[PDB]
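Co-structure: doxycycline and Tetracycline repressor protein class D.
Naming: A, B, ... by sequence-line order, numbering from 1 per chain. Technique stated in the header: X-ray crystallography, 1.9 Å. The analysis underlying the following values was restricted to heavy atoms, covering all of them including side chains, and did not include hydrogens, waters or symmetry mates. Indexing begins at 1, ligand by ligand and atom by atom, following the structure's order.
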Protein chains: 2
Amino acid sequence: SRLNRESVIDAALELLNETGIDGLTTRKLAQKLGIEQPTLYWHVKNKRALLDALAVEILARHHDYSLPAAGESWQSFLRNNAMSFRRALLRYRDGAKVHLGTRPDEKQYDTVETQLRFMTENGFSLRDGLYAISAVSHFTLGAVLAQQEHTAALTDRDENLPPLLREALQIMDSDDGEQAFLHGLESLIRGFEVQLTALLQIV
Amino acid sequence: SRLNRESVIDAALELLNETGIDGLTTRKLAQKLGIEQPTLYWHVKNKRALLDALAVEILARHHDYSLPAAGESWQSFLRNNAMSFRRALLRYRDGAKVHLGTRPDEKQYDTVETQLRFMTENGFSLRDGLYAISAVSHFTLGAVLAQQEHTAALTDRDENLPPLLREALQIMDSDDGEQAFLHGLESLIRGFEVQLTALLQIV
Ligand SMILES: C[C@H]1c2cccc(O)c2C(=O)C2=C(O)[C@]3(O)C(=O)C(C(N)=O)=C(O)[C@@H](N(C)C)[C@@H]3[C@@H](O)[C@@H]21
Ligand SMILES: C[C@H]1c2cccc(O)c2C(=O)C2=C(O)[C@]3(O)C(=O)C(C(N)=O)=C(O)[C@@H](N(C)C)[C@@H]3[C@@H](O)[C@@H]21
Ligand SMILES: [Cl-]
Ligand SMILES: [Cl-]
Ligand SMILES: [Cl-]
Ligand SMILES: [Cl-]
Ligand SMILES: [Cl-]
Ligand SMILES: [Cl-]
Ligand SMILES: [Cl-]
Ligand SMILES: [Cl-]
Ligand SMILES: [Cl-]
Ligand SMILES: [Cl-]
Ligand SMILES: [Cl-]
Ligand SMILES: [Cl-]
Ligand SMILES: [Mg+2]
Ligand SMILES: [Mg+2]
């Protein structure tokens with residue numbers, strides 16, 4: 001079939017949902033595109049190059065809150081950005097693992113620069129603005145990977161549970177982690193705010 | 001060589017540091033133990049069972065702040081627990097990926113039950129206590145995986161960087177993520193505290 005960049009990425013994402021990141025191979029992508037492995041090679045040099053592109057294209061296609069709205073507070077921006085980032089990572093099997101270890105791509109430079117600038121224009125130093133963006137990013141990726149990797153490992157396999165653990169697993173498994181993620185996200189944003197507002201005051 | 005559980009785990013962790021989680025195979029563990037693959041099989045049924053055990057044994061051996069000190073505040077306990085958890089995950093190559101998707105093991109039941117009880121005895125509901133423990137856990141795992149997966153992907157490969165990104169990458173890469181992790185950890189703990197102290201007050 002068609003091997004332009006957009007068609008390759010469509011087929012790779014389709015394959016990702018069927019196989020997960022570990023079982024995703026260029027050999028299985030060739031089968032799905034109806035081509036021989038050396039044909040695919042001209043287009044897609046290895047698995048690493050494929051994963052690097054998927055990580056970019058998943059946010060391009062499905063992360064619709066990269067940028068603040070005109071006049072939006074930094075608190076509201078981080079909340080909306082994290083909810084969007086989370087949605088985009090969950091939309092594909094092993095989506096957080098696909099994002100992990102990447103750094104912003106050249107196609108993302110204007111986006112991420114605007115996010116860092118916006119934090120500095122709302123009274124954060126670059127460093128404190130970066131620490132908040134990194135904390136939100138790590139917390140959101142951690143929460144998604146815990147969800148996704150939990151699903152995954154459920155293709156492996158106690159009445160011996162002590163009672164608070166038993167109840168805690170009941171609670172954790174009552175949604176895709178949305179409740180726990182949103183509660184933690186408010187805690188993190190509020191902690192950022194207490195720090196920003198404090199200036200040089202002992203806090 | 002010796003194939004008791006402790007010797008197998010010693011050799012597997014040694015192998016993990018040489019290969020990483022993706023390149024860790026029962027076939028390479030057999031070579032390192034000087035045995036045939038069917039000998040190893042009697043001891044170690046597959047990679048999943050090995051990873052599940054390593055995840056438990058890494059914290060058993062190297063996470064020394066599982067439990068609060070007598071009279072320790074919940075704030076201090078979460079901080080010390082997160083710093084210890086982080087140290088233990090970083091001690092082996094791909095250590096966070098080894099932890100990911102596991103749930104507490106039977107050998108960890110008394111430990112994790114004590115942690116959940118301790119949060120409830122410091123005025124959290126089980127649910128709000130679990131949300132704080134999960135947020136700390138997700139944030140810490142996210143921060144470690146970002147570090148570890150960054151190292152990993154550096155076995156793949158711009159003057160075009162816009163200036164705040166360029167400076168942000170300089171900052172991020174000035175340590176193993178310790179500064180950014182500790183700053184975010186204080187933000188999260190303080191947000192937990194503002195929530196706890198608020199009770200039913202609008203906050
Ligand atoms: C500024 C970026 C950055 C800076 C320095 C080192 C980095 O590794 C990063 C990122 O990896 C970023 C992302 O991946 C974003 O998810 C990212 O790329 C992004 C986006 N494409 O819209 C986001 O929404 C961001 N968000 C907080 C989850 C986040 C970026 O802020 C950072
Ligand atoms: C209570 C545990 C739990 C409850 C319900 C579902 C879960 O998946 C968990 C865990 O996975 C826990 C851990 O892995 C700990 O890291 C965990 O097992 C642990 C330990 N062995 O000492 C920790 O120090 C904990 N810490 C916050 C990082 C954390 C545990 O609190 C939780
Ligand atoms: Cl066609
Ligand atoms: Cl074509
Ligand atoms: Cl195209
Ligand atoms: Cl491949
Ligand atoms: Cl990452
Ligand atoms: Cl600027
Ligand atoms: Cl011996
Ligand atoms: Cl033996
Ligand atoms: Cl033993
Ligand atoms: Cl294997
Ligand atoms: Cl996990
Ligand atoms: Cl109890
Ligand atoms: Mg990123
Ligand atoms: Mg765990």
| message | I'm trying to find doxycycline in this model - which chains or ligands should I check? | response | ligands 1 and 2
For doxycycline (ligand 1), which other chains have at least one heavy atom closer than 4.0 Å? A, B
- Looking only at protein heavy atoms, which one is nearest to atom 30 (C) of doxycycline (ligand 1), and how far off is it? A:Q115 OE1, 3.3 Å
| said: I need the atoms of doxycycline (ligand 1) closer than 4.0 Å to a non-hydrogen atom of A:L59, numbered in the order shown. | reply: 21 (N)
Exercise for the section: Report, in ascending order of atom number, the atoms of doxycycline (ligand 1) lying under 4.0 Å from any heavy atom of B:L169. Expected result: 5 (C), 6 (C)
### Pick from B:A146, B:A180, A:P104: the one approaching atom 3 (C) of doxycycline (ligand 1) most closely through a non-hydrogen atom
A:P104
query: What atoms in doxycycline (ligand 1) come closer than 4.0 Å to a heavy atom of A:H99?
result: 14 (O)
Margin query: Can you check which of A:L130, A:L89, A:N81 brings a heavy atom nearest to atom 26 (N) of doxycycline (ligand 1)?
Written below: A:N81
- Look at doxycycline (ligand 1) and say whether A:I133 reaches it with a heavy atom at a distance under 4.0 Å. yes
* Asked: Does A:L78 have a non-hydrogen atom less than 4.0 Å from doxycycline (ligand 1)?
  -> no
- Task: Cross the UniProt tetracycline-binding annotation of chain A with the residues having a heavy atom under 4.0 Å from doxycycline (ligand 1), and give the overlap.
- Result: A:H63, A:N81
*Short list, please: which atoms of doxycycline (ligand 1) are under 4.0 Å from a heavy atom of A:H63?*
20 (C), 22 (O), 23 (C), 24 (O)
| message | Using a 3.5 Å cut-off on N or O atoms only, is A:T111 in polar contact with doxycycline (ligand 1)? | response | no
Checklist entry - Which residues flagged by UniProt as binding Mg(2+) in chain A come closer than 4.0 Å to doxycycline (ligand 1) by heavy-atom distance? => result A:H99
Contact check: A:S66 vs doxycycline (ligand 1), nitrogen or oxygen atoms, below 3.5 angstrom
yes
Does the protein place a non-hydrogen atom closer than 4.0 angstrom to atom 7 (C) of doxycycline (ligand 1)?
yes
Report task. Report the other ligands and ions found less than 4.0 Å from doxycycline (ligand 1). Result -> ligand 15 (magnesium ion)
Number the atoms of doxycycline (ligand 1) from 1 as they appear, then name those within less than 4.0 Å of a heavy atom of B:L165, with their elements.
4 (C)
- Message: Suppose I only count heavy atoms of A:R103 and a 4.0 Å limit; which atoms of doxycycline (ligand 1) are within that range?
- Response: 8 (O)
Query raised in the report: Which residues make up the contact shell of doxycycline (ligand 1) at 4.0 Å, heavy atoms only?
Result: A:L59, A:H63, A:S66, A:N81, A:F85, A:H99, A:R103, A:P104, A:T111, A:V112, A:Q115, A:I133, A:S137, B:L165, B:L169, B:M172
